[PDB]
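The model below depicts Aminocyclitol acetyltransferase ApmA holding bekanamycin.
In what follows, chains are A, B, ... by sequence order, proteins preceding strands, each numbered from 1. The header says X-ray crystallography, 2.3 Å. Below, each value reflects all heavy atoms present in this structure, side chains not excepted, and no hydrogens, waters or symmetry copies. For ligands, and for the atoms within them, numbers begin at 1 and follow the listed sequence.
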Amino acid sequence: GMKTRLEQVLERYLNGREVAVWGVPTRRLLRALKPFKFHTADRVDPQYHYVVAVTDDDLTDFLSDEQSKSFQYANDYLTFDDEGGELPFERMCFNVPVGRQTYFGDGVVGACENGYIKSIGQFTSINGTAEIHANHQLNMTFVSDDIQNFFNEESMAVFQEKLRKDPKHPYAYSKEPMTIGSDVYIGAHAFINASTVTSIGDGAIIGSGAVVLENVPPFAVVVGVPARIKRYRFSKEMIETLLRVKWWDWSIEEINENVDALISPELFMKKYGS
Amino acid sequence: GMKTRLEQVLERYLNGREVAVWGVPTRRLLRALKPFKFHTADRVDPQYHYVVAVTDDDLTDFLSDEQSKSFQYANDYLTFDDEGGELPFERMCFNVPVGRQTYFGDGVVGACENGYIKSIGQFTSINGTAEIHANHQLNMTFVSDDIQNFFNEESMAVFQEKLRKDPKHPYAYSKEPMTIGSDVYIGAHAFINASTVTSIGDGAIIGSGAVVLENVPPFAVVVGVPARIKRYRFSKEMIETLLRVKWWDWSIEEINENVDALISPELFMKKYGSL
Amino acid sequence: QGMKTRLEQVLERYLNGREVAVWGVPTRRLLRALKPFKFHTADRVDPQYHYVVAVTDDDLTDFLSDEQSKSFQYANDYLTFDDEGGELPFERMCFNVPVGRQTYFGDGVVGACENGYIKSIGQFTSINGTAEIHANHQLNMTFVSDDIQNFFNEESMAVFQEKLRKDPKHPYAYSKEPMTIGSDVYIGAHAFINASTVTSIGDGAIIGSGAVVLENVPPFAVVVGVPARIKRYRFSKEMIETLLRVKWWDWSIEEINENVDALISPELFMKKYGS
Ligand SMILES: CC(C)(COP(=O)(O)OP(=O)(O)OC[C@H]1O[C@@H](n2cnc3c(N)ncnc32)[C@H](O)[C@@H]1OP(=O)(O)O)[C@@H](O)C(=O)NCCC(=O)NCCS
Ligand SMILES: CC(C)(COP(=O)(O)OP(=O)(O)OC[C@H]1O[C@@H](n2cnc3c(N)ncnc32)[C@H](O)[C@@H]1OP(=O)(O)O)[C@@H](O)C(=O)NCCC(=O)NCCS
Ligand SMILES: CC(C)(COP(=O)(O)OP(=O)(O)OC[C@H]1O[C@@H](n2cnc3c(N)ncnc32)[C@H](O)[C@@H]1OP(=O)(O)O)[C@@H](O)C(=O)NCCC(=O)NCCS
Ligand SMILES: NC[C@H]1O[C@H](O[C@H]2[C@H](O)[C@@H](O[C@H]3O[C@H](CO)[C@@H](O)[C@H](N)[C@H]3O)[C@H](N)C[C@@H]2N)[C@H](N)[C@@H](O)[C@@H]1O
Ligand SMILES: NC[C@H]1O[C@H](O[C@H]2[C@H](O)[C@@H](O[C@H]3O[C@H](CO)[C@@H](O)[C@H](N)[C@H]3O)[C@H](N)C[C@@H]2N)[C@H](N)[C@@H](O)[C@@H]1O
Ligand SMILES: NC[C@H]1O[C@H](O[C@H]2[C@H](O)[C@@H](O[C@H]3O[C@H](CO)[C@@H](O)[C@H](N)[C@H]3O)[C@H](N)C[C@@H]2N)[C@H](N)[C@@H](O)[C@@H]1O
Ligand SMILES: [Cl-]
């Protein structure tokens with residue numbers, strides 16, 4: 001129903017080639033490949049073939065073969081098992097928009113599937129171990145969720161009605177899915193609570209181990225259990241300039257023309273601050 | 001003979017059907033499928049077939065397939081590679097009893113296999129990243145465990161004898177394996193120390209990131225590194241009542257008959273006000 | 001790669017001209033490692049003629065529960081293909097990284113060896129599989145992303161690398177030594193060590209579960225917390241000094257067994273080696 005990462009890349013780049021499967025195929029992979037022509041990879045030529053590596057180990061083996069030298073990433077090959085891997089173009093993850101050059105792990109892929117995330121910006125870097133989950137209801141006698149597997153139609157109706165009016169947003173009910181900005185960095189073993197967080201601002205840094213229970217302002221650096229603001233990456237004038245310029249939506253050419261201002265915040269302020 | 005999750009479900013529900021394997025069969029699967037007829041899934045019909053998706057992606061595929069619309073969870077299908085998934089009936093994980101509708105990840109599966117856990121309650125929800133490990137010996141010149149691979153039988157015997165006497169339970173020696181109660185909730189990146197914890201009480205909530213180094217009282221809410229008690233979910237009076245009522249052992253029929261009391265603590269204390 | 005996997009180094013050392021019997025579903029990567037050898041799908045296996053390679057841990061568990069495994073000895077006659085961080089009875093390489101005997105860690109630390117963040121990991125060291133070791137990205141530019149560099153032309157890349165190599169805060173662990181992780185070190189679950197700011201986890205160090213380690217851990221220090229702080233040292237300053245000279249973790253196997261009384265009892269260790 002919803003285009004996988006691989007499905008989006010093939011639409012964009014397969015360009016009528018056949019798919020050369022590198023590695024042991026899976027049922028999920030074969031279903032995704034039914035509309036196209038595909039075969040077990042043997043001799044591969046990027047004029048004729050698109051290489052799908054099934055697992056990361058498959059990709060590792062393929063990138064080690066001399067036959068891969070003529071294949072360029074995403075344009076001519078991809079890994080099937082890496083829904084959170086970044087791409088050179090804006091993509092969808094389970095109906096969540098994800099910007100260019102943004103990566104995350106299966107925890108966040110799940111959070112996208114669970115409806116917890118509104119979007120993830122560009123050039124955002126999320127450690128694979130990050131976790132994003134909602135709270136369960138905290139205003140009933142039980143805290144379990146799978147208890148509802150035992151609920152009949154009537155029990156489940158009252159259960160849902162009280163979830164729906166709970167202002168603490170159990171299961172992120174009746175709140176906005178959170179936006180994760182562009183140029184965000186999230187370190188290892190971090191948690192973001194989907195019941196109380198709607199906003200991880202542009203440029204925000206979430207340090208390793210941080211348990212993030214409330215919104216992170218743009219370009220704030222938060223650490224600790226629970227996450228506290230340690231510092232801001234830039235002055236407020238530089239932050240508001242960054243929020244107006246939005247360099248993370250710049251074209252590739254634009255990124256290179258102004259590389260100097262991207263590596264020097266001082267020149268960035270100088271060029272764009274007024 | 002320690003039975004997988006899948007074997008326990010097949011024993012209960014297969015009901016003379018044939019197993020239809022949805023996905024690539026692994027050796028762990030074929031060892032588990034030994035007492036049953038099975039084939040590679042092609043056309044399936046829950047009248048003659050119980051479908052075993054091997055991986056999570058296999059189940060995703062199967063459930064995306066139109067042949068699945070007639071298959072009920074656990075009754076007619078299961079994922080083999082999810083030893084921690086919840087079930088509608090009480091089960092074993094490495095001979096550790098697990099209540100109904102309780103789920104957890106591979107780390108807690110590993111804890112069951114390592115012998116760290118006596119039992120896990122009903123309607124308990126444990127994030128898949130939770131870790132439960134014991135301490136190594138802390139009173140020896142060395143802290144390694146795998147050094148013992150180099151011990152000969154006599155060396156190993158003195159090593160084991162000191163371990164068995166250690167009051168601080170390295171490798172959880174000489175202590176009770178821990179209980180995890182019912183209606184327990186454990187967040188992401190949590191840790192429970194198997195050497196120093198014997199019980200996660202009924203109804204406890206363990207916050208994300210919490211490092212749990214001592215017993216968590218029933219219905220306590222613990223957070224932090226290390227975990228400390230921020231509050232209890234219910235009054236002192238309600239906790240005693242809950243511990244007597246034990247709704248988590250109720251029948252499905254009782255859960256629906258008394259759902260009003262499950263949904264409102266206020267009503268629960270009226271209904272069970274005089275025990 | 002140019003570089004030998006753990007399995008490649010084990011076969012080189014012990015295969016001894018035998019055929020490889022594959023226990024489990026082979027992978028394309030495994031089949032490439034096995035290419036120069038005669039190999040086959042494990043049916044009946046005999047350690048005189050076969051070396052068993054289990055593909056996954058699940059396969060290893062299966063093999064070791066099969067009666068056919070009784071004759072096979074760890075590493076000498078069988079290994080797991082996909083356990084690059086597992087322990088070995090001899091010192092080995094993980095990518096460019098020396099790793100001592102009976103030392104294990106998980107894929108996070110494997111990745112850290114591949115990234116260039118680790119100089120060496122000592123002997124008899126135990127690292128929980130969830131441990132993470134990563135560096136900081138640049139903190140003195142307009143952006144913090146790394147994959148933005150996938151868009152850099154050659155000129156853009158050059159000014160980017162130029163500034164990075166001048167940064168005294170070591171983004172991507174630039175301009176610093178890769179960290180050494182000592183011998184007889186213990187690292188608990190959900191621990192993090194910052195490769196930008198740490199160059200040394202001393203011998204004997206204990207890093208507790210949940211710790212965020214932002215600076216060097218002295219030898220035999222016990223550190224906990226976010227950020228990690230020293231709770232105690234395992235031994236007195238004089239025994240630490242004695243341990244760092246004796247380096248029992250470099251001892252041979254017979255030495256370990258002859259001196260097991262000193263390894264078990266720090267007090268006897270001291271009377272013997274402390275001068
Ligand atoms: C936040 C981060 C990116 C860099 O911030 P920084 O500028 O280096 O911060 P500093 O080193 O100046 O630290 C300043 C203060 O913040 C604290 N601090 C910084 N990072 C912290 C963290 N992750 N946890 C707890 N405290 C932290 C320091 O203890 C110090 O405290 P003090 O000021 O009270 O003495 C880094 O610490 C981090 O977490 N990077 C993650 C790397 C990683 O996880 N690897 C891969 C994941 S993708
Ligand atoms: C603990 C939890 C259940 C909610 O409890 P709560 O009482 O609503 O928490 P509140 O934020 O309202 O306030 C509780 C107090 O403890 C703190 N706190 C709450 N949760 C915390 C956590 N996980 N870690 C650290 N501190 C926490 C709050 O900051 C506040 O502290 P204060 O007294 O010093 O101001 C929830 O925050 C949580 O941790 N859920 C984890 C979600 C998850 O990981 N899911 C996976 C499982 S499948
Ligand atoms: C660090 C550790 C080894 C125990 O050390 P210890 O010498 O027993 O220290 P204790 O727990 O008795 O107490 C030391 C103090 O530090 C605190 N502390 C100890 N370990 C801590 C941890 N991991 N996190 C936070 N705080 C901790 C204690 O609360 C205690 O209180 P105090 O400072 O107020 O006195 C242990 O706690 C640990 O982390 N084990 C690892 C389990 C694991 O994850 N295993 C899998 C790996 S393969
Ligand atoms: N190699 C060194 C670099 O590694 C990390 O960044 C990497 C990610 O690791 C990688 O992600 C992949 O691996 C993750 C971890 O397993 C998975 O979650 C994810 N789905 C998967 O695509 C992205 N593709 C590319 C990105 N630059 C660090 N942040 C970075 O500082 C470090 O320099
Ligand atoms: N989907 C949305 C729900 O997700 C989580 O609950 C889920 C579990 O995640 C899932 O678990 C599975 O996935 C885990 C994560 O990989 C594995 O560890 C585990 N072994 C595996 O069975 C259980 N089967 C069903 C349970 N209700 C949240 N707690 C809940 O708030 C949220 O509403
Ligand atoms: N079984 C119980 C023992 O378990 C852990 O020690 C084990 C490691 O778990 C294991 O590691 C393996 O599993 C890890 C977890 O997935 C992977 O990261 C790793 N790559 C993989 O080789 C090593 N081989 C052996 C070591 N003794 C505890 N530390 C120890 O106190 C406990 O007694
Ligand atoms: Cl039952």
What ligand numbers or chain letters correspond to bekanamycin? ligands 4, 5 and 6
Okay, with a cut-off of 4.0 Å on heavy atoms, which other chains neighbour bekanamycin (ligand 6)? B, C
Check each heavy atom of B/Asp145 against bekanamycin (ligand 6) and say whether those closer than 4.0 Å belong to the side chain, the backbone, both or neither. side chain
Output yes when a protein non-hydrogen atom is found under 4.0 Å of atom 16 (O) of bekanamycin (ligand 6), and no otherwise. no
Which atoms of bekanamycin (ligand 6) sit under 4.0 Å from any heavy atom of C/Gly106? 18 (O)
Please state which part of C/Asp57 comes within less than 4.0 Å of bekanamycin (ligand 6), counting heavy atoms only: side chain, backbone, both or neither. neither
Run the numbers for me: atoms of bekanamycin (ligand 6), each under 4.0 Å from some heavy atom of C/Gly86, listed by number. 22 (O)
Atom 31 (O) of bekanamycin (ligand 6) [closest protein heavy-atom partner, distance rounded to 0.1 Å]: B/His136 NE2, 2.7 Å
Where is the nearest protein heavy atom to atom 32 (C) of bekanamycin (ligand 6): which residue, which atom, and how far? B/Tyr116 OH, 3.9 Å
Among all protein non-hydrogen atoms, which one is nearest to atom 21 (C) of bekanamycin (ligand 6), and what is the separation to 0.1 Å? C/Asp83 OD1, 3.4 Å
Identify the protein heavy atom lying closest to atom 8 (C) of bekanamycin (ligand 6), giving its residue, its atom name and the separation to 0.1 Å. C/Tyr104 CE1, 3.8 Å
Identify, by atom number and element, the atoms of bekanamycin (ligand 6) in contact range of C/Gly129, meaning under 4.0 Å from any of its heavy atoms. 18 (O)
Got the closest protein heavy atom to atom 5 (C) of bekanamycin (ligand 6), with its distance? B/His133 CE1, 4.2 Å
So which heavy atom in the protein is nearest atom 23 (C) of bekanamycin (ligand 6), and how far is it from that ligand atom? C/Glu87 OE1, 3.3 Å
Decide whether an N or O pair under 3.5 Å exists between C/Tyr186 and bekanamycin (ligand 6). no
Test of proximity, B/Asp146 against bekanamycin (ligand 6): N or O pairs below 3.5 Å: yes
Using a distance threshold of 4.0 Å (strictly less than), state whether atom 13 (O) of bekanamycin (ligand 6) has a protein heavy-atom neighbour. no
Compute the shortest N/O to N/O distance between C/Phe105 and bekanamycin (ligand 6) and return yes if it is under 3.5 Å, no if not. yes
Nearest protein heavy atom to atom 1 (N) of bekanamycin (ligand 6), by residue and atom, and its distance? B/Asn114 OD1, 3.3 Å
Could you pull out the residues near bekanamycin (ligand 6) at 4.0 Å? Heavy atoms only, by chain and number. B/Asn114, B/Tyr116, B/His136, B/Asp145, B/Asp146, B/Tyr171, C/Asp83, C/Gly86, C/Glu87, C/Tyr104, C/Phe105, C/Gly106, C/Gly129
